[PDB]
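The following structure: oseltamivir carboxylate with neuraminidase.
The lettering of chains (A, B, ...) simply tracks the order of the sequence lines. Residue numbering for chain A follows the PDB entry, covering 83-469 in order. Chain B is numbered as in the PDB entry, which gives 83-469 for the residues shown. Just so it is clear, chain C uses the PDB entry numbers, and the residues here are 83-469, in order. Numbers in chain D track the PDB entry; the residues on display, in order, are 83-469. What's counted below: heavy atoms across the whole structure, side chains too, no hydrogens, waters or symmetry copies. As the structure lists them, so they are numbered: ligands from 1, and atoms in each ligand from 1.
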4 protein chains.
Amino acid sequence: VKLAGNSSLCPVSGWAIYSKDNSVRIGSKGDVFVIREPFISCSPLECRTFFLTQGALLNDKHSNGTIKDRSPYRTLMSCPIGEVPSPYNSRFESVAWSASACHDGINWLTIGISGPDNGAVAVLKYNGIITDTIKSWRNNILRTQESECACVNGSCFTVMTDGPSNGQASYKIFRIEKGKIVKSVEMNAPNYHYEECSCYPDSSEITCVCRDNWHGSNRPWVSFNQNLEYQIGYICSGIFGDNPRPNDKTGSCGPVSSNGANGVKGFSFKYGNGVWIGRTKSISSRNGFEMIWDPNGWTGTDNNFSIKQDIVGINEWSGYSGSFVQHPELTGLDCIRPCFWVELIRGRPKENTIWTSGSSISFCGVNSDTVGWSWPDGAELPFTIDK
Amino acid sequence: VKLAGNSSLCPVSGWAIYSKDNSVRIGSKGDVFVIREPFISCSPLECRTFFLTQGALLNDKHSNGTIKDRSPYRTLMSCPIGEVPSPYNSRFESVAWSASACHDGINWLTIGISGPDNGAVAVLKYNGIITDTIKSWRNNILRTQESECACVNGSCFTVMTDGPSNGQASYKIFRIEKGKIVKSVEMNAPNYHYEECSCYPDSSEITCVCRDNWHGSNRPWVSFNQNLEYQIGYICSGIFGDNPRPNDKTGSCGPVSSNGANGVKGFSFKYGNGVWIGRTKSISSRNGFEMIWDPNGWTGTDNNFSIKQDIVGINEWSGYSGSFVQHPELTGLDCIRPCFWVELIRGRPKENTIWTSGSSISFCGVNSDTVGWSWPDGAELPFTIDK
Amino acid sequence: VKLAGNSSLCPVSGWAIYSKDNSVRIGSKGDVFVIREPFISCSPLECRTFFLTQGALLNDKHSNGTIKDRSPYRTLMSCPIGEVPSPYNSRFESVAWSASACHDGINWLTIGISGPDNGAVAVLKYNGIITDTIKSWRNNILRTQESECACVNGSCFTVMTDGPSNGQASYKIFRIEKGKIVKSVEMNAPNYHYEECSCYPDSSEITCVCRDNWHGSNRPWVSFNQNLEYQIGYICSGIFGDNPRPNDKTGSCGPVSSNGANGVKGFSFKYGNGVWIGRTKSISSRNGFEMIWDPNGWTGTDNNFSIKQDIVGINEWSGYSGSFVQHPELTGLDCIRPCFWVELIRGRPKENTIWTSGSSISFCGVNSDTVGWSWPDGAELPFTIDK
Amino acid sequence: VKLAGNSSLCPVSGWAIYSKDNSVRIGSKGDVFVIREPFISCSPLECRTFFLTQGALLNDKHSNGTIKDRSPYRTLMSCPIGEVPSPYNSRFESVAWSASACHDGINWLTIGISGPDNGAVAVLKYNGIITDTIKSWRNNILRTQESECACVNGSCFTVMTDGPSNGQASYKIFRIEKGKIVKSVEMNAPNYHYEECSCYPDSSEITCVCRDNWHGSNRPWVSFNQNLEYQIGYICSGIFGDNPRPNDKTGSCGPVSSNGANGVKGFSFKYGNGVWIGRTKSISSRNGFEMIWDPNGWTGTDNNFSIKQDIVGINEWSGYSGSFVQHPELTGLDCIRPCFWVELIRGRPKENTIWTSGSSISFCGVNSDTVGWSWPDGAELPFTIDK
Ligand SMILES: *[C@@H]1O[C@H](CO)[C@@H](O[C@@H]2O[C@H](CO)[C@@H](O)[C@H](O)[C@H]2NC(C)=O)[C@H](O)[C@H]1NC(C)=O
Ligand SMILES: CCC(CC)O[C@@H]1C=C(C(=O)O)C[C@H](N)[C@H]1NC(C)=O
Ligand SMILES: CCC(CC)O[C@@H]1C=C(C(=O)O)C[C@H](N)[C@H]1NC(C)=O
Ligand SMILES: CCC(CC)O[C@@H]1C=C(C(=O)O)C[C@H](N)[C@H]1NC(C)=O
Ligand SMILES: CCC(CC)O[C@@H]1C=C(C(=O)O)C[C@H](N)[C@H]1NC(C)=O
Ligand SMILES: *[C@@H]1O[C@H](CO)[C@@H](O)[C@H](O)[C@H]1NC(C)=O
Ligand SMILES: *[C@@H]1O[C@H](CO)[C@@H](O)[C@H](O)[C@H]1NC(C)=O
Ligand SMILES: *[C@@H]1O[C@H](CO)[C@@H](O)[C@H](O)[C@H]1NC(C)=O
Ligand SMILES: *[C@@H]1O[C@H](CO)[C@@H](O)[C@H](O)[C@H]1NC(C)=O
Ligand SMILES: *[C@@H]1O[C@H](CO)[C@@H](O)[C@H](O)[C@H]1NC(C)=O
Ligand SMILES: *[C@@H]1O[C@H](CO)[C@@H](O)[C@H](O)[C@H]1NC(C)=O
Ligand SMILES: *[C@@H]1O[C@H](CO)[C@@H](O)[C@H](O)[C@H]1NC(C)=O
Ligand SMILES: *[C@@H]1O[C@H](CO)[C@@H](O)[C@H](O)[C@H]1NC(C)=O
Ligand SMILES: *[C@@H]1O[C@H](CO)[C@@H](O)[C@H](O)[C@H]1NC(C)=O
Ligand SMILES: *[C@@H]1O[C@H](CO)[C@@H](O)[C@H](O)[C@H]1NC(C)=O
Ligand SMILES: *[C@@H]1O[C@H](CO)[C@@H](O)[C@H](O)[C@H]1NC(C)=O
Ligand SMILES: [Ca+2]
Ligand SMILES: [Ca+2]
Ligand SMILES: [Ca+2]
Ligand SMILES: [Ca+2]
Ligand SMILES: [Ca+2]
Ligand SMILES: [Ca+2]
Ligand SMILES: [Ca+2]
Ligand SMILES: [Ca+2]
């Protein structure tokens, strides 16, 4: 049965550890893909980790040069949550160096972008069969979420970008039904920049929190209904969510320029005027992770907050993070439950290896007791192949 | 359908070998997790082996230092009984350095504790979805069975301990329904010590046989009904069950102080005034294993027994042991069948390696002919990684 | 339910990338079969890659000498599309050094040829059970498609060749029902040569495009109805499809003798007088791959064409290619969708290794936007075993 | 639904190759169990290979000394037919150094013998649950078929031996229902010797062809009905079936003394007065394999035969062989189809290695065209671990 997606997001006071794969530790000997850009998505029956492989295994010579983002060898694959991504346990999804995926309650939708930078093509699959494609409309790296799309009542929604990563680009919202693009809208967003959106359903509407790689240290957001009527803004909290970013201070409802260039994929959950912000602990590099509840941070610009929970230590590597939800159809609850994942990036450019790869952790929102700690990647670098 | 749990334990005259995984032997070459604290639990359709990984594989450098009990890398995972615990065949359950699991007849309950020693949190999952959490109440290594919880009529039961491992601690019993704690009781047990309980259902009541790490070389027990009304005692038999222990003498109905400090997880099955006792063969180390039937050993203090069956030879490594049961809903019998498993610990601290890991064997009680033998681990240490 | 096979081929404007397995890159470390002659075939539920193993893994000494085509160690196996062919994820099909397979909508049919060159036997299995055999009738390497057979209304069809690969041979067409040969016909085709046919259903009739290894650098074809009444010809286009071949010039409706000796397995899709041709980029070796639409190339001899889409760059290795289809029963479309795969051959005879193996890519035809690129094998040769 | 087992054995004129696993070649790199005593058995849905592992993988140090027959590390496991026996694709069955298994149409029965030579215990499991045990009655290596048991009308039948392998021993036939022994009879067979029976159903009765290890170079047989009323004899053919054996000459309907000591597990299929005999090609060692049709060989003593089909070349290693059948419930045929497997033994005692392991091939009987060839193991010895 189709996910209804019409209930509200469950309010939560804390985050309980849900999974840890130890991928890089295990890949030191085991046959584990070199990956990056992992994300989690759930069906009414199961949660899966999706990821972009480099078409190579850890500790093998073909992991050489895997700091490179886009190549014909990259593929979107998936495995059950918490298991290491191996050629022996992973399902093939598509050929992709940028991707998204989500389940509408009936079948998996996957979106995999491959091809040259000047003419990339997103291939849409529904239940593993090609159902549609869309080609680059600005000829400058067509790219998408690197996290799950959001589903409401049999329609799935995603955001794609085409154009400069360091200046004004073009941003489109899509509605997809059974793998067919049935509507798209280009956002009219002058002076905004959207990359790598983390999108979730909440009361039949979609909220996306994204990355301004151009000139924003706070995160831009876009919200829309099923007809793709939309609103845009930036998270106002002085608790800045991007990385890099400046010191916390008075915020802005527009892009905060200071340290605004570059960024990292991230997420936040809106609750009225309040916001749960996940972010790195460092203002300069992808180190640490923490969750912060700011009760008026969606719309208010002060840097006060009410709850902070430690997730990864400042002296440990982190990386991308993203939202995922668990629908009532899966959980039996009366609301849509918020969860998130964190990518723990190891290797280049911060460490002296020939490769770059990630492992992952994830957490789900609860209203019972939780504890801050650090659950880092834990691998000992360099590896044999690096010697 | 819910497991009734209302029939009695099958009377058994001996133990038939059920499984052996040869994990450490296989892990010399194959990709096998470093694990400890394995245990078995059954649904109405299958038996699974659960275990706490160290987030590392045997014969890899990340196995270095795995004598260490608690870290953020440890995860509870499971695989089909008798198969090696591998990243290619194991299902992820929970992030955990202490755990329990059982099946109510409908879905799996797992309990996984992680976090800092001074503020750990147990995460409960029902069918893999987080359903409850509970925080440490003594701030000193919140910890649980390391074997299966027990289920009666749709409720599951477990025991957790928090506080000193070398003096009076705090012991709680829980009733859990669909992964939610619906009642807990703190045991009023001054001068008793309970760790790592092996609990089983019998005529709608739960009996747990546990480990006194403080000052008892005989095993403490707690029995309770579905309302958590409980009774406590120590096994009276002069056939002492813990390790270390003194040589068999006249026993006691309270804790036997002689060699009472420290211990090993173990189990026993009560039959009226009699008891089936599983224990190491050595009185000083985790070597050997044997099953002993003492017809008056639950309540009586002499050291006379009438059946002894060899399981692991005295010159071979053993370790933890625990009960599991097979319910009528699985077996088609008219009673609950008692079974047990033994963990065979290899590596530190007794052997010259950088790592510690275990393999397992298991047996089921029958009333047909059986035989004693020795079914040891059989790996040849040290391994390549140790040289 | 049986595949009807009565609708027409979907007209297509381009080819969207569907799968890429990265087998050779991954097999540098992981346990991946040495294979050649892969192909894809679909059921109403799933698509699988079939392949002929060499009974050996990459980077192991038993890969030595695997340039050799026929041995008793070769087996037909299959795995899900896009996954690497590993002993841990592959289903065994048959013992075979030449093969075909297809699904009639109810069960898989496989055809596996093994035995001596002077008396080989094809073993037919339906749902994994042996249902028929046919022995060599010319005693000179009985051999078959190395791609999927074609099914219409509960009957499946294939072509086999027996006799010289450098001169006139004998060619038979078979109708197979539930794994039993129910009719066969020997083609009367003087001066034709048919090897390794790629056959697809289209409006209840079968069209095969094959390899002339004797004296044609264009491809021979045969089409037939369910009663095995047949027509024969060569693709007339001056855009020659075989490898090796001459530079494009005026074509022939018979075999083009210029550079006509030898060849490579290939395919083409007929649309009226037009043809989609897949071919290598190099005229002299198995390098590069491209798809070309020639609006009058089935029957016209000019070398003019409308569309070209790049698949593999001319400086990268390619190899065999073949057609596969996805029926309406799988896709929900009102027509039969054409797709194709390409084998990317690495090792001998072109590279300094002891072994020969391939990886694969595949594409499906669509009417939405697509893009040419190069999706090559990507392995770095030689491997450890070659030193 | 229960297998009826009431139709006759299909008459067959030749043997078509069914499977080949290449286990030893693949295990040179991949994670493949050291095994011996493989056998095949089918359910109404699938065919599986069963085997006795040595609790160790190929090319690892724990494969040392695996010439040894009985140890506590040996386990019965199974995998789909034609797949390599790996810890990643194998199902655990039982702890066993002698075994049998068969499917009654409803569930798998496995029988696994372990324990000391003077008191071994067979453990019976039905659907993986222990259902019965039987202990040694002569205290001298209780042992069984090492091939599939035979099922008729919901009852399964096997033969076990206890006592000397070089003189008169004790042989029992068992009827088993839902894993419970419901009847047994001790065979009154002075001067007969029965080891390692290959038994098959045929028209509601069971026929077993076994190994005389005491003083016969032809094979003993026993036939019985569902009530365990039985008859005994030896295959009369002068085409001697055992290994070692003398050169063919006039046979005996009793044990042929010449070269009678020792032997190898094998099989034969009775058709009236005639017999299909599978045997090694060498009269002195386990080399080569061939199928021979002797139209009066069940009952007549001449060495005349009418068909011979080569299976393994005389210069190649062979080993155990055994029957298995495919019932009408699986095949859709109106008779019971005879098939057989051959174990190809590599390593000790004939080759310079520290280990012994086998691969397997299998064939099914057909009435269509077939061919002889050699399908040998193909591994290159010694392995890395041997050097
Ligand atoms: C296991 O861990 C120990 C550290 O706890 C490693 O020993 C160290 O090796 C480094 C060289 O990288 C030396 O500089 C240190 O002095 C060593 N420490 C100690 C306490 O000896 C050891 O190499 C590890 N073994 C592995 C990874 O195989
Ligand atoms: C091309 C712009 C884009 C978003 C800013 O770059 C991303 C930077 C990422 C990063 O900052 O780590 C890595 C991503 N793999 C990459 N995406 C693509 C499609 O290459
Ligand atoms: C902390 C007390 C506890 C019980 C005595 O210690 C156990 C001793 C065990 C042991 O005796 O081998 C190892 C266990 N993994 C450990 N449990 C935890 C949670 O670390
Ligand atoms: C025997 C003739 C045949 C077709 C021309 O050769 C093929 C050449 C092939 C090739 O050109 O690469 C390799 C094939 N495996 C081989 N087929 C067999 C059965 O050996
Ligand atoms: C103990 C007698 C028996 C049959 C003659 O020996 C067999 C000889 C076999 C052989 O000849 O290769 C190997 C078997 N694994 C062994 N069976 C057992 C249970 O050890
Ligand atoms: C959500 O949708 C379902 C299906 O229509 C409906 O029954 C339910 O009332 C809705 N819940 C809301 C609106 O919160
Ligand atoms: C990685 O690539 C660099 C540059 O091509 C090369 O010099 C180096 O040898 C490579 N390292 C490995 C381990 O392949
Ligand atoms: C959801 O979709 C269904 C089916 O298309 C449609 O009929 C209905 O209007 C929608 N329901 C809600 C709650 O919007
Ligand atoms: C156990 O409970 C079941 C379900 O109520 C019942 O059918 C059965 O008779 C009970 N057995 C007892 C009370 O011993
Ligand atoms: C078992 O559970 C059912 C449902 O809650 C209840 O009605 C019944 O009384 C229970 N039996 C007991 C408590 O023994
Ligand atoms: C294909 O066959 C089906 C089933 O007979 C039929 O319903 C359909 O009309 C056919 N399609 C054609 C002839 O195009
Ligand atoms: C491959 O085979 C050749 C010829 O027999 C042999 O000389 C060579 O050593 C082999 N190479 C390997 C790595 O086995
Ligand atoms: C398809 O097959 C069925 C069963 O033989 C037959 O009745 C029907 O006429 C066939 N349709 C055709 C030939 O298109
Ligand atoms: C075999 O037994 C079945 C009943 O179990 C009967 O219907 C059939 O006629 C018998 N004959 C065969 C198929 O051998
Ligand atoms: C196997 O054991 C033999 C005899 O003890 C010994 O000579 C040899 O070194 C061992 N080999 C390995 C690799 O364990
Ligand atoms: C199988 O056994 C019993 C009678 O002995 C009964 O279920 C059935 O009639 C039998 N079927 C036969 C004789 O094939
Ligand atoms: Ca930014
Ligand atoms: Ca605030
Ligand atoms: Ca103690
Ligand atoms: Ca006593
Ligand atoms: Ca040619
Ligand atoms: Ca043209
Ligand atoms: Ca003999
Ligand atoms: Ca004769």
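- Counting every copy, the structure places oseltamivir carboxylate at ligands 2, 3, 4 and 5.
- Other chains contributing a heavy atom less than 4.0 Å from an atom of oseltamivir carboxylate (ligand 4): C.
- What sits closest to atom 8 (C) of oseltamivir carboxylate (ligand 4) on the protein, heavy atoms only, is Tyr402(C) OH, 3.7 Å.
- Using a 4.0 angstrom heavy-atom cutoff, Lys347(C) does not count as in contact with oseltamivir carboxylate (ligand 4).
- Listed by number with element, the atoms of oseltamivir carboxylate (ligand 4) under 4.0 Å from a non-hydrogen atom of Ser247(C) are 2 (C).
- Within the set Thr243(C), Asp151(C), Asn325(C), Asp199(C), the minimum heavy-atom distance to atom 14 (C) of oseltamivir carboxylate (ligand 4) is found for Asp151(C).
- Considering backbone and side-chain N/O of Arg293(C), one or more are found under 3.5 Å from N/O of oseltamivir carboxylate (ligand 4).
- At the shortest separation from atom 20 (O) of oseltamivir carboxylate (ligand 4) among protein heavy atoms lies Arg152(C) NH1, 2.9 Å.
- At the shortest separation from atom 11 (O) of oseltamivir carboxylate (ligand 4) among protein heavy atoms lies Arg368(C) NH2, 2.7 Å.
- Scanning the protein heavy atoms around atom 7 (C) of oseltamivir carboxylate (ligand 4), the nearest turns out to be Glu278(C) OE2, 3.7 Å.
- By the 3.5 Å distance cut-off applied to N or O atoms, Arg118(C) is counted among the residues near oseltamivir carboxylate (ligand 4).
- Atom numbering of oseltamivir carboxylate (ligand 4) starts at 1 in the shown order; those under 4.0 Å from a heavy atom of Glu119(C) are 13 (C), 14 (C), 15 (N).
- The list of other ligands and ions under 4.0 Å from oseltamivir carboxylate (ligand 4) is empty.
- The binding-site residues for oseltamivir carboxylate (ligand 4) (non-hydrogen atoms, 4.0 Å) are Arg118(C), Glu119(C), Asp151(C), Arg152(C), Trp179(C), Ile223(C), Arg225(C), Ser247(C), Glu277(C), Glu278(C), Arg293(C), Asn295(C), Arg368(C), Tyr402(C).
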